[PDB]
Enquirer: 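One structure coming up, written as structure tokens, with questions to follow.
To find a chain's letter, count down the sequence lines: the first is A, the second B. In order, the residues displayed for chain A correspond to 2-55, 181-354 in the PDB entry numbering, which applies throughout. To match the PDB entry, the residue numbers of chain B are left as they are there, and the shown ones run 6-62. Numbers in chain C track the PDB entry; the residues on display, in order, are 11-301. Chain D is numbered as in the PDB entry, which gives 1-340 for the residues shown. Per the header of the entry, the method used was electron microscopy, 3.0 Å. One-based numbering, in listed order, for ligands and for the atoms of each. Just the heavy atoms: all of them, side chains too, but no hydrogens, waters or symmetry mates, feed the values below.
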Amino acid sequence: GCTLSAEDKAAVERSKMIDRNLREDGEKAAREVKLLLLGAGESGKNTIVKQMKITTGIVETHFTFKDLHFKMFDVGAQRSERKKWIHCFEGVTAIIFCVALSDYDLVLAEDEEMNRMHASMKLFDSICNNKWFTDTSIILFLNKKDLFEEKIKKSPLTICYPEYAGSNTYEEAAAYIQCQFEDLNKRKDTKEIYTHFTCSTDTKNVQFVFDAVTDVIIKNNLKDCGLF
Amino acid sequence: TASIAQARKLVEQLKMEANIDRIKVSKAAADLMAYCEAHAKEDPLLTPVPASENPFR
Amino acid sequence: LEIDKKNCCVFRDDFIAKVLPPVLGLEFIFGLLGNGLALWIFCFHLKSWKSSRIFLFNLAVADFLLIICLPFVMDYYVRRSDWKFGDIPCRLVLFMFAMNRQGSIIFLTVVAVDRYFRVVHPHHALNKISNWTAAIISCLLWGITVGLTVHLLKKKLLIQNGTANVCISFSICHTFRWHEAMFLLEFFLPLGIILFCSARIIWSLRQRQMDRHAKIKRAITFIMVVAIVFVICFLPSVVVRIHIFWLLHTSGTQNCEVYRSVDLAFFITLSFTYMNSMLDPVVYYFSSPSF
Amino acid sequence: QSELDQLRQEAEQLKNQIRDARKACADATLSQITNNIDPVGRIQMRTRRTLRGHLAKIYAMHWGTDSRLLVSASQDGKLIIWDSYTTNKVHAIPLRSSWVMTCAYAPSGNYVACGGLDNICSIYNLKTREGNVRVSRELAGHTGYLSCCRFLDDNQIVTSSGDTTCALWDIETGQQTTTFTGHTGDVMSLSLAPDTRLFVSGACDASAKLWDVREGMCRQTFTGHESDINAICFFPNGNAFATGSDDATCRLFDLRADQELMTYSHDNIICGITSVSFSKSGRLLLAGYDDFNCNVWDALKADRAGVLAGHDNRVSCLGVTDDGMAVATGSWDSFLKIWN
Ligand SMILES: C[C@@]1(c2ccccc2)OC(C(=O)O)=CC1=O
């Protein structure tokens, strides 16, 4: 400082101003909630995002609720290998997963024999047991229940699940599907799975997301302080 | 219909990548060794540099 | 004789040497071991430092100092009298006990308040607070503790009762000195704050479900554990002080024969305030899954 | 499908002929030829500088041609240019998309480039009329994430992407002049030759290819690895290149002999290589690993001549200056360290 010239002093003050700006940007960005949105082609991600907000690549949606700033990252356009970029999202508050439970009898357009629900279960198994998401909470959304109620009356669930043994009532079938999904969680000690049944007019999904995020943040604070 | 076209493309690639001049391994190894030993004195990490001409003191 | 006018009798009892020194030495050994091992773990075995760890560090330091300055009073009881050391290392020790105990109480309250803000208000700016501000808060708290304790340093604390010299601060006298007021005050208000924070934590965490994880269930008990530990460690002393004040008001400073039993009980219960310093690493430092 | 079967048989015969020619040209091995070479002394470098300021993981870095300035990219949406001599920060460019995966420095020192999951290669102007930095171009022709980019001139740039293609661009126009479509897997790295007439790339198909910039055709194909290729570097002479993969091995290939020459592996190492680089004379091969530290290899004897261990997380990038004075390493713990 004392021996520095004028040019060195100018460089030092420029560096100090840059550091101040970097610190303020980091502090501002540390108070937001980051969410990763996953699903399939017709899971119903767009329908959820429709009431959430109220070039391929990655598209980001920002919305505010109860003085919290959220940020969703949809990565459905990326058709490359998932293992080469999935570690960039290590450190998100939670993962939102969308499943269309009205597609138990429909089949994939690409491959006829494989069911859509089985593919969704395989994707959920891969994501949930990933080594980069050992202790990341998952919010599970089951989307098309309005069509599920109609399609379960005239069709049996045994098509997708031949080992199903129960009545074809909507409640029992939905509960069975929920237990089938929650059974794939092989940690049960580091992460929690939140399941919600929604429709095209539920208009209360943001409150559920807020509650799950609050629980996750409380758990993080308790882990930081020493308890839990 | 395009499968035969892609197969022809692959055959073309293997055709005009299999006709080149390939030297022996010994000559390439000798050239690498000669280049490494020719610039040995110019490498500032192979040999420790005096602190007089070290910008990172 | 007399202690700066204000005619008030002081008592010496031989019963202390029979009971206290062994228990007090065991408490000192346990506290020293716990504090030393905790300091060794925190100072070098850990790298990630947060606000909670910073606030716990000062409590550990205060407990360590309180345990360290104790053999001086071991000597006071084994030799039973005369405070052989001198005069300055009497004001010094009566300063370094009161300051250490008040710091321990203050840092316990601060830890409880931090937990309450972490649980009840998860989205708050106080939760995301820099280590620099934590250091400023710690320095301010230490300064407040020292400023409140320094009252005893600029005075004289010797009595010279006949052939025996007593190094005491709790002198039974019809006076409203700041020492007794501080002793009464530093219990009830922190007790209320701790109880309020604990009740809010338990209620808010219970109504919000969160019982499946079972580490939440493990940690929901430690709050009440530390609350009851504080209660049992700091209730008898203030109870005996209240009884002493009542007896002094209802009987005056004359007839110096009833105060014997209550003074003996007060000196028995004053050793309870050193019991928390050895349990503090157990229920605050080794009771966490962090290490 | 008889014609398809006979075509497959012809391709198999061609592959067998190529393999037989490669075997025939292998008269000896480099390791036994280099037997009478004095082993390099145990290299021991020290952390001369430590650059702080990034608040998230660091994914890429690149040295300037003056061997004094460097640029680094982080997932907090920042592109910082550092002065390596005095640690001072010269610029701090904010990015529209924070998911950056690579960055580059122009040889003239006038531009920097970066890209990531947005599939865009953004180009910034460093020397402008004012004291600020503004976006100069945005190349938007790729359909997958962009993984590497290198400058040929102030008006040309070569990029690689996750759509199994590499492309050559024109900054002032903005269109893909040439496209390279040989690969069948995601391309993760590329390296230009010193004369900027050739470049090599390594993809997820465990193979590397050599391309001609002017023509647009693959000349040679190199195999031998067992898993993903994460980094590639090109020998200072210009007739060889080194490849680092996920099977905890590094290999050296010769362009003129057109086959693998020598491999660098150790039994204790089980983690993958994230970055490789050569020294000025080409004697030392520096490689970054997943086990949080860098290893220095002897390029002629495959002997570990040193270890660079100063990082708490994965080492994601490293580079050696043009004059060979220092080597810088970046890591996921958000720190840059300069060794010497
Ligand atoms: C009994 C006492 C003492 C006795 C002898 C020498 C020093 C201190 O312990 C303290 C205390 O813990 O606050 C007050 C005291 O008067």
Enquirer: From metyrapone, thiorphan, acifran, clonidine, can you tell which is the drug at ligand 1?
Expert: acifran
Enquirer: Look up in UniProt the name of the chain with the most contacts to acifran (ligand 1).
Expert: Hydroxycarboxylic acid receptor 3
Enquirer: For acifran (ligand 1), which other chains fall inside a heavy-atom cut-off of 4.0 Å?
Expert: C
Enquirer: Enumerate the transmembrane segments of chain C, UniProt order from the N terminus, that have a heavy atom less than 4.0 Å from acifran (ligand 1).
Expert: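 Counting from the N terminus as UniProt does, heavy atoms reach that close in 2, 3, 7.
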Enquirer: Hey, which organism does the entry list as the source of chain C?
Expert: Homo sapiens
Enquirer: Listed by chain and number, which residues of other chains have a heavy atom closer than 4.0 Å to any atom of acifran (ligand 1)?
Expert: C:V83, C:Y86, C:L104, C:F107, C:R111, C:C177, C:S179, C:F180, C:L280, C:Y284
